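Presented below is the structure to which this report refers.
Below, chain A is the first sequence line, B the second, and so on; all start at residue 1. As the structure lists them, so they are numbered: ligands from 1, and atoms in each ligand from 1.
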Amino acid sequence: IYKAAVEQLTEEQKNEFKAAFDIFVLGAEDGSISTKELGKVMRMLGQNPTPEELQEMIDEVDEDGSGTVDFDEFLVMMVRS
Amino acid sequence: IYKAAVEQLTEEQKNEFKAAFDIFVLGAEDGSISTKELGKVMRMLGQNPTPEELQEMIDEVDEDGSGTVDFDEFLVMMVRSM
Ligand SMILES: CN1CCN(CCCN2c3ccccc3Sc3ccc(C(F)(F)F)cc32)CC1
Ligand SMILES: CN1CCN(CCCN2c3ccccc3Sc3ccc(C(F)(F)F)cc32)CC1
Ligand SMILES: CN1CCN(CCCN2c3ccccc3Sc3ccc(C(F)(F)F)cc32)CC1
Ligand SMILES: CN1CCN(CCCN2c3ccccc3Sc3ccc(C(F)(F)F)cc32)CC1
Ligand SMILES: [Ca+2]
Ligand SMILES: [Ca+2]
């Protein structure tokens, strides 16, 4: 069902998200989003998610068990919420 | 019609948006989001909007024609965004 929504994205939408994804993984080891980068982003947007909530957000879309979110999984994250 | 979705939003949702709105207008001369505050947010999220794109984004939800976005219009900007 979520695979569908992503596919329903236009080049414009995907590129917008890619630009956001890129700035988010700055200074990130594997070039992916971990709880650290996700926390920083949500806090700069005025939110204060707990370490548990951040891990759940990530585990929910971490299909390859990397413990991090790559762009493809990031798109599913966008889709969900 | 986006007036419908705003109604659908839950408090927690509206509360999260308020927290965002509040951080976005820190420093705004009038507590509202002008092109300056919107541009900073867009850029903070890796985007690059022209001054015109920013004006248009504001205009789409500027019901009182203030040239700025207050919290109620912001909710519509969020809902609208889809
Ligand atoms: C308790 N629980 C805590 C988290 N909230 C949802 C936060 C969603 N969110 C958000 C919403 C309003 C204002 C700022 C933000 S930061 C943010 C960043 C990424 C995502 C992302 F990745 F999902 F798209 C979702 C959010 C729901 C309730
Ligand atoms: C179908 N379409 C799916 C995606 N959603 C938008 C998701 C973006 N998003 C979000 C989602 C739910 C609730 C709040 C938020 S605020 C927010 C803040 C940052 C980002 C981030 F990461 F990009 F920076 C993404 C989001 C719109 C409808
Ligand atoms: C020309 N036109 C300009 C705007 N873009 C959409 C921007 C949506 N958006 C967004 C989407 C993905 C990644 C980052 C961002 S920054 C951002 C900041 C605020 C809003 C906010 F306030 F509206 F919710 C919406 C966005 C579409 C095409
Ligand atoms: C369920 N969903 C809840 C709220 N809105 C979505 C807001 C998410 N949002 C957005 C919307 C459409 C396309 C891209 C994006 S990225 C984005 C980036 C920042 C913000 C920022 F900074 F403003 F918070 C909000 C959004 C639509 C319906
Ligand atoms: Ca992963
Ligand atoms: Ca206004």
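Looking at ligand 1, one finds the drug trifluoperazine. In this PDB structure, UniProt names the chief binding partner of trifluoperazine (ligand 1) as Troponin C, slow skeletal and cardiac muscles. Lab note: other chains with heavy atoms under 4.0 Å from trifluoperazine (ligand 1) -> A, B. Polar contact check, A:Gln47 against trifluoperazine (ligand 1): no nitrogen or oxygen pair lies under 3.5 Å apart.
Taking 4.0 Å as the limit, the other ligands and ions near trifluoperazine (ligand 1) are ligand 2 (trifluoperazine).
The protein atom (non-hydrogen) at minimum distance from atom 24 (F) of trifluoperazine (ligand 1) is A:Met78 CE, 3.1 Å. When the options A:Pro49, B:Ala20, A:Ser81 are ranked by their closest heavy atom to atom 25 (C) of trifluoperazine (ligand 1), first place goes to A:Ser81.
The protein heavy-atom contact nearest to atom 6 (C) of trifluoperazine (ligand 1) is B:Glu16 OE2, 3.2 Å. Near A:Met77, meaning under 4.0 Å from any of its heavy atoms, are these atoms of trifluoperazine (ligand 1): 22 (F). Put simply, no part of B:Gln13 is less than 4.0 Å from trifluoperazine (ligand 1), judged by heavy atoms. The heavy atom nearest to atom 18 (C) of trifluoperazine (ligand 1), out of those in B:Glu12, A:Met42, A:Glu60, is found in A:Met42. Contact annotation for A:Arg80 and trifluoperazine (ligand 1): no heavy atom of the residue comes within less than 4.0 Å of the ligand.
When each atom of trifluoperazine (ligand 1) is checked for a heavy atom of B:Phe17 under 4.0 Å away, the hits are 12 (C). For atom 20 (C) of trifluoperazine (ligand 1), the nearest protein heavy atom (residue, atom name, distance) is A:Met57 CE, 4.1 Å.
Applying a cut-off of 4.0 Å to heavy atoms, one finds the binding site of trifluoperazine (ligand 1) to be A:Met42, A:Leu45, A:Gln47, A:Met57, A:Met77, A:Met78, A:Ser81, B:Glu12, B:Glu16, B:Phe17, B:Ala20.
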Could you check trifluoperazine (ligand 1) for N or O atoms lying under 3.5 Å from protein N or O atoms and list the pairs with distances?
residue	atom	partner	partner atom	Å
trifluoperazine (ligand 1)	5 (N)	B:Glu16	OE2	2.4

